[PDB]
Q: 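Let me give you the structure first, and then I'll get to my questions.
If you read the sequence from its start, that first residue is 1, and numbering goes on from there. Whatever order the structure lists ligands and atoms in, that order sets their numbers, starting from 1. Heavy atoms only: backbone and side chains are in, while hydrogens, waters and symmetry mates are out.
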Amino acid sequence: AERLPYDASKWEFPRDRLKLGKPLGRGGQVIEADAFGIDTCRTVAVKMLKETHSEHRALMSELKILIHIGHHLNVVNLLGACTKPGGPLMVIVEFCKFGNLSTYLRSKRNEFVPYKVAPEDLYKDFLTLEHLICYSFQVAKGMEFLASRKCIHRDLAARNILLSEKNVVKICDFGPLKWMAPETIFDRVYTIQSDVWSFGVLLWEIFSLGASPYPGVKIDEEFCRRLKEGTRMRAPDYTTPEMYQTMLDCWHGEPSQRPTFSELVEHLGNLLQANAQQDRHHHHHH
Ligand SMILES: CC1(C)CNc2cc(NC(=O)c3cccnc3NCc3ccncc3)ccc21
């Protein structure tokens, strides 16, 4: 990463081939944009610094980390960068027009059935348990990929998951105590296992169809103490019993007792296969 030089021949993109559009977030800022000849004209998301040496290294590190990590279907894809003199540092990635998963699920609350049967058009475009388990499975394969390369996300949450074309989700980072593991809060310790705690919170978000975690709770000292003491969220409204138990496994007090992402990939894959088998029967009988 920060040790591996930046290969300009491969990634460098001309600033004048970029037409900056509207903001997607502001914190540096992330804006939508049209890129000509990046891969003729295509939509992309750009992260650029304001017109600070520290903030500069941060964006440059994100860039180097992205090149290093490489490609995976469930991780937003890097397309290029503007790093040479003449203008601001810019990191360009594929644009996901559908936005973050939380806001998307929140918009489908009146379009959900656990599964479909004929006539299926009654549920055209509805979300189902298959979709929810599939989103979870994809994020897990995405994190397994990152974990295999020793990468730690730090802010894994629904707002950082993006929806793509055919129900494909991608892990991103626009760059939140409610998603933080106890040891992260009390010890400022970040590890792959603290990302597992977060995944657990993401699962809750998914099976509550975009609700904000810990509903009706002030995030004060008591919240933190209870978390440390073993208090957990109750099951969301659209969860199956297995999925809620998986959340609980991710919220184990001892980081070493939580499952790994490889185990979650395998486990979620099975819950998906079971759900599918159940569905074929439901469909065949009704
Ligand atoms: C998790 C990790 C591998 C480490 N850091 C990081 C950063 C990103 N970067 C972005 O997600 C990003 C970069 C530049 C511009 N926008 C970004 N994300 C916001 C976005 C992405 C796609 N569509 C709309 C908004 C992606 C993945 C990772």
Q: Just wondering - which macromolecule does ligand 1 hug the most here, in the naming of UniProt?
A: Vascular endothelial growth factor receptor 2
Q: Which of these options (motesanib, lamivudine triphosphate, opicapone) corresponds to the molecule at ligand 1?
A: motesanib
Q: I'm looking at motesanib (ligand 1) in this structure - which UniProt domain of chain A has most of the contacts?
A: Protein kinase
Q: What atoms of motesanib (ligand 1) come within less than 4.0 Å of a heavy atom belonging to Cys172?
A: 11 (O), 26 (C)
Q: In this entry, what is the source organism recorded for chain A?
A: Homo sapiens
Q: Using non-hydrogen atoms of the residue, decide whether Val75 is closer than 4.0 angstrom to motesanib (ligand 1).
A: no
Q: Would you say atom 27 (C) of motesanib (ligand 1) has a protein heavy atom nearer than 4.0 Å?
A: yes
Q: What is the closest protein heavy atom to atom 21 (C) of motesanib (ligand 1), and at what distance does it sit?
A: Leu162 CD1, 3.5 Å
Q: Side chain, backbone, both or neither: which part of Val93 comes within less than 4.0 Å of motesanib (ligand 1) when only heavy atoms are counted?
A: side chain
Q: Among the heavy atoms of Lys97, does any lie under 4.0 Å from an atom of motesanib (ligand 1)?
A: no
Q: Output the list of atoms in motesanib (ligand 1) that are nearer than 4.0 Å to some heavy atom of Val91, sorted by atom number.
A: 14 (C)
Q: For atom 1 (C) of motesanib (ligand 1), what is the nearest protein heavy atom, given as residue, atom name and distance?
A: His153 CD2, 3.5 Å
Q: Could you check atom 16 (N) of motesanib (ligand 1) against the protein and tell me its nearest heavy-atom contact, residue, atom and distance included?
A: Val30 CG1, 3.5 Å
Q: If you look at the UniProt active-site residues of chain A, which one is closest to motesanib (ligand 1), and how far apart are the nearest heavy atoms, to 1 Å?
A: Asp155, 8 Å
Q: Among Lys170, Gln29, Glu62, which residue places a heavy atom closest to atom 8 (C) of motesanib (ligand 1)?
A: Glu62
Q: If you measure from each non-hydrogen atom of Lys47 to motesanib (ligand 1), which part falls under 4.0 Å: side chain, backbone, both or neither?
A: both
Q: Can you tell me if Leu66 has a non-hydrogen atom under 4.0 Å from motesanib (ligand 1)?
A: yes
Q: Check each atom of motesanib (ligand 1) against the heavy atoms of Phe174 and keep those under 4.0 Å away; list them by number with element.
A: 19 (C), 25 (C)
Q: Given that the side chain starts at C-beta and the backbone is N, CA, C, O, which of these parts of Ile92 lies under 4.0 Å from motesanib (ligand 1), counting heavy atoms, or is it both or neither?
A: neither
Q: Could you say whether the N/O atoms of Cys96 and motesanib (ligand 1) ever approach to under 3.5 Å?
A: yes
Q: Is any N or O atom of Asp173, backbone or side chain, closer than 3.5 Å to an N or O atom of motesanib (ligand 1)?
A: yes
Q: Enumerate the atoms of motesanib (ligand 1) whose separation from the nearest heavy atom of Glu94 is less than 4.0 angstrom.
A: 22 (C), 23 (N)
Q: Under 4.0 Å, heavy atom to atom, what does motesanib (ligand 1) touch in the other chains?
A: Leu24, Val30, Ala45, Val46, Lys47, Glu62, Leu66, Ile69, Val76, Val91, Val93, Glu94, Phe95, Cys96, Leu146, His153, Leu162, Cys172, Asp173, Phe174
